[PDB]
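Here, ruxolitinib is shown bound to Isoform 4 of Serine/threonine-protein kinase DCLK1.
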Amino acid sequence: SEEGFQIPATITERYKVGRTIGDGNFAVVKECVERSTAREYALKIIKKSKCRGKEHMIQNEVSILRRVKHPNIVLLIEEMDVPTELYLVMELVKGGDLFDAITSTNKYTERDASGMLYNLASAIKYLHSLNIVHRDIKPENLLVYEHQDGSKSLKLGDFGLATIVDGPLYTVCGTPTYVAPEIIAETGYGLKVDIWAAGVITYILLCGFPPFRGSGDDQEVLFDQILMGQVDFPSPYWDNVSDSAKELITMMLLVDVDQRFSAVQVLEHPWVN
Amino acid sequence: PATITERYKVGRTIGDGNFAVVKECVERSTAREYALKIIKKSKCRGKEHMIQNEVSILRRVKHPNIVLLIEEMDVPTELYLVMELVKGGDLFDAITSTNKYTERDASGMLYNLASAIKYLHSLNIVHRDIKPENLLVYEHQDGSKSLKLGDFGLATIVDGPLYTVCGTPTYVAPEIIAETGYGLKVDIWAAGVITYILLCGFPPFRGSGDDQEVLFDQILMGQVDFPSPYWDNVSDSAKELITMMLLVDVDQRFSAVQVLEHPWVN
Ligand SMILES: N#CC[C@H](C1CCCC1)n1cc(-c2ncnc3[nH]ccc23)cn1
Ligand SMILES: N#CC[C@H](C1CCCC1)n1cc(-c2ncnc3[nH]ccc23)cn1
């Protein structure tokens, strides 16, 4: 391949591997056609070795992907473990990621925004029912599934940081823009860090900028805003948005974790029907 | 950055890796030698941004067998960590230069590592990446040598079973592979694997290039061999301790305290 992975003959036999559609650290995603059926799939190639000497490391993503199926979550079709790399065959999603879509159309209507939150809150409710926290919910990790109808669903991917919650966690991880206060505070966190992330994304969908923005002074500013957690809906940007939307986003972006909506409560809110 | 260039004369790279470089630096005012760790956060040739966990832990820990954090300068591009300098290189390099060590030198090194671990476990911190590459050789004036635990990238506070599958296969505990819940004692298993390598020069659980599942099944069953002629010289004491460190039963497996109370490290 372009990057220089030695593609196993087992893979090349079954699949024709196409162009790269997703790039990360120690992982690439490619288009690929199954030779028998002519059906299009996503091939995710994960490097186990760091390629920094023989610094062989272990992957956690596939433990999670095996035990989950949902319309609004990326689907693992099968896996090929090779000494060098882990190869995941997954359902292909052709509409790109939510980050790309937001940069293309600054804002979204409440109708389009609620539909996307309905999809994301559905994925999160399912994961949470299995005590799985994602810990990396962000636009770059939400894939746009385009229906023939013209309608668009979101599919959640990148379960790299996903784990099972059996009591409070303390690992400091995620993207600062989307990270919950209790992660920064290091007082312990669980499933509801995902609700916070979803609240931040919903806010961005409606106005085109995040609720907590850093400064050129320092990065401690962004973290100070998140810890304070005062959500503002400034004019003129939020003038023509409903109170209902503002209410829901508020309930998702509460520092008090017991008061912060669960995924069930988001889904029961009138703004998502 | 200017602010760092002012205080510190940054010398050569002494440690390299993914998203991180460690360089020798000297504080100009005091002529004091330090290690400068530069952690790039973006690492995506783009606007992508990620948070750093190592620093939360380093702030909490002070121990003679743990690398000491002196100060942190958070520039928007990268994070800078000034840390205690250890000039003796990593234990991996040390093992590759000296095939195997005497029992006395090995028990010495396990004393240092079990001391670090005991300290961390008393603060409910699991390290989760204990391996030769992450152990630094402190060279005393006497010419005696200590170990210092270096990288806390995967380190966290434990309040109930963890499930995240992480670490290096050679040193990974069976409960991590089994996905049944793990805690502090994954560090004891790692320490057992290292002790075994120190005495014979090879790991107790060895993989087939053809099948790495042979490695994991060995780990899962705790199939520890003490083969001849390699282990002919080594005492029953060393073999018995390693045995208690590499037990699959987490409840039976030695704590850091129990390792330290073992005659072989006394
Ligand atoms: N989500 C997310 C981020 C992820 C990148 C990060 C690591 C590999 C690429 N990614 C997955 C895809 C992707 N695109 C299209 N179909 C897909 N199916 C499964 C993953 C996938 C693209 N980027
Ligand atoms: N331990 C460990 C692994 C780590 C590497 C992995 C991330 C940066 C380099 N590393 C730290 C050092 C090091 N060497 C000498 N003095 C030091 N002080 C603090 C870290 C350090 C060398 N490699």
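Chain labels are A, B, C, ... in exactly the order the sequence lines appear. Here chain A follows the PDB entry, giving residues 376-648 in order. By the numbers in the PDB entry, the shown part of chain B spans 383-648. These values consider heavy atoms only, across backbone and side chains, with no hydrogens, waters or symmetry-generated copies. Counting convention: from 1, in listed order, for ligands and their atoms alike.
- Chains with a heavy atom under 4.0 Å from ruxolitinib (ligand 2): B.
- For ruxolitinib (ligand 2), the atoms closer than 4.0 angstrom to any heavy atom of B/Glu515 are 1 (N), 2 (C), 3 (C).
- Taking each of B/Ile420, B/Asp533, B/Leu467, B/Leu518 in turn, the one with a heavy atom nearest to atom 14 (N) of ruxolitinib (ligand 2) proves to be B/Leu518.
- The shell of residues lying under 4.0 angstrom from ruxolitinib (ligand 2), judged by heavy atoms, includes B/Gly532.
- The nearest of the UniProt-listed active-site residues in chain B relative to ruxolitinib (ligand 2), at the least heavy-atom distance to 1 Å, is B/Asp511, 8 Å.
- Residues of chain B contacting ruxolitinib (ligand 2) are mostly from the UniProt domain Protein kinase.
- Close approach of ruxolitinib (ligand 2) to B/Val404 is summarised as follows: ligand atoms under 4.0 Å from at least one heavy atom of the residue are 8 (C), 9 (C), 11 (C), 13 (C), 21 (C).
- Considering backbone and side-chain N/O atoms, B/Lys419 never comes within less than 3.5 Å of an N/O atom of ruxolitinib (ligand 2).
- Near B/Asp398, meaning under 4.0 Å from any of its heavy atoms, are these atoms of ruxolitinib (ligand 2): 9 (C).
- Interface of B/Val449 with ruxolitinib (ligand 2), defined as ligand atoms under 4.0 Å from a residue heavy atom, comprises 18 (N), 19 (C).
- The distance criterion of under 3.5 Å between nitrogen or oxygen atoms is met by B/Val468 with respect to ruxolitinib (ligand 2).
- The shell of residues around ruxolitinib (ligand 2) (heavy atoms under 4.0 Å) is B/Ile396, B/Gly397, B/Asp398, B/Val404, B/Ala417, B/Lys419, B/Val449, B/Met465, B/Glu466, B/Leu467, B/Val468, B/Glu515, B/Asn516, B/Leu518, B/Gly532, B/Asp533.
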